[PDB]
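Androgen receptor in complex with R-bicalutamide.
The sequence lines are lettered as chains in the order written, beginning with A. Note that chain A carries the PDB entry numbering, so the residues on display, from first to last, are 6-13. Chain B is numbered as in the PDB entry, which gives 671-843, 852-918 for the residues shown. We use all heavy atoms of the structure for the numbers below, so side chains are in, but hydrogens, waters and symmetry mates are not. Note that ligands are numbered from 1 as they come in the structure, with each ligand's atoms numbered from 1 the same way.
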Amino acid sequence: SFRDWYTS
Amino acid sequence: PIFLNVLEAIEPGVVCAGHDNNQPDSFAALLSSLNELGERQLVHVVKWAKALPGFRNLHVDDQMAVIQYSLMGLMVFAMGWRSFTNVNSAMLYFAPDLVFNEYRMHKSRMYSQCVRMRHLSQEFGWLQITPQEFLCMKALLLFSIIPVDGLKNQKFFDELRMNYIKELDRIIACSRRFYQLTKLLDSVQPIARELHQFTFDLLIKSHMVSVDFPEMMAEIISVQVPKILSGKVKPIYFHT
Ligand SMILES: C[C@](O)(CS(=O)(=O)c1ccc(F)cc1)C(=O)Nc1ccc(C#N)c(C(F)(F)F)c1
């Protein structure tokens, strides 16, 4: 979710 | 001065907190805006960092980690600077709509840390920090906290840190300026650590005190910040 938002 | 050109060009602008300055300074109100401001600043720190010279050379997972670990410190250091250049250190300029005077410092239940942060702010004027030294130092803070067991591609990190230390010397050029500023950089970490502890404790007991955390900041606080508080993830101090 930080991950999803960062790499989106 | 190519490296500094870039630092100046990517530097975030003004971030407001969205705080209602007609409600009275209550713990829950002040901290709910601080938590919101924290998310709003994370957004800008991400865009900033992705545009930094060499940052994308890092493994993607290490990019994400380094931003999450160092976020507190980056925000503290930039806030100290704002407090200096805007209000000459009289109050803590978290944002244009969230300026902490003495009373707010008390109501936030973070007074001792607040007092450390305005000391830091004073240092900016005392040492006569230049805008260009501030920027290079801020960019170093991104590369100043890492897992004791290292990152996924640790060599790319070490290269990068090394090159940002060199840029800081290309800018200083005396031995004594390096000593003052490495020392200023180190003083960020203890403050960030206390903020981290305070933020963690507050999240755990947040339902009780009516404090509101944005989702992403909750995840960060619950997944990344304990790595730091449990000693798996430590600052890279210059001194002691
Ligand atoms: C209490 C808290 O809201 C926690 S948070 O912002 O959610 C946060 C959460 C996780 C972190 F790793 C760092 C910060 C916080 O420290 N907010 C906050 C917001 C803005 C600024 C600024 N400027 C700062 C400070 F660094 F300056 F203290 C702190």
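Other chains with one or more heavy atoms under 4.0 Å from any atom of R-bicalutamide (ligand 1): B. Lab note: most residues of chain B in contact with R-bicalutamide (ligand 1) fall in UniProt domain NR LBD. The PDB header gives the source organism of chain B as Homo sapiens. The protein atom (non-hydrogen) at minimum distance from atom 29 (C) of R-bicalutamide (ligand 1) is B/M745 CE, 3.7 Å. Remark: R-bicalutamide (ligand 1) and B/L704 share an N or O pair separated by less than 3.5 Å (distance only, no angle test). Intersecting the UniProt 17beta-hydroxy-5alpha-androstan-3-one-binding annotation for chain B with heavy-atom proximity to R-bicalutamide (ligand 1) (under 4.0 Å) gives B/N705, B/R752, B/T877. Considering each of B/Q738, B/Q783, B/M742, the one bringing a non-hydrogen atom nearest atom 14 (C) of R-bicalutamide (ligand 1) is B/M742. Of all the heavy atoms of B/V903, the ones lying under 4.0 Å from any atom of R-bicalutamide (ligand 1) belong exclusively to the side chain. Distances from atom 11 (C) of R-bicalutamide (ligand 1) to the heavy atoms of B/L790, B/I906, B/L741, B/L744 show the closest one on B/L741. At a heavy-atom cutoff of 4.0 Å, R-bicalutamide (ligand 1) is contacted by both the backbone and the side chain of B/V746.
Among B/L762, B/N705, B/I869, B/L712, the residue whose heavy atom lies closest to atom 2 (C) of R-bicalutamide (ligand 1) is B/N705. By chain and number, the binding site of R-bicalutamide (ligand 1) (heavy atoms under 4.0 Å) reads B/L704, B/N705, B/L707, B/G708, B/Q711, B/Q738, B/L741, B/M742, B/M745, B/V746, B/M749, B/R752, B/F764, B/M787, B/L873, B/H874, B/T877, B/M895, B/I899, B/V903.
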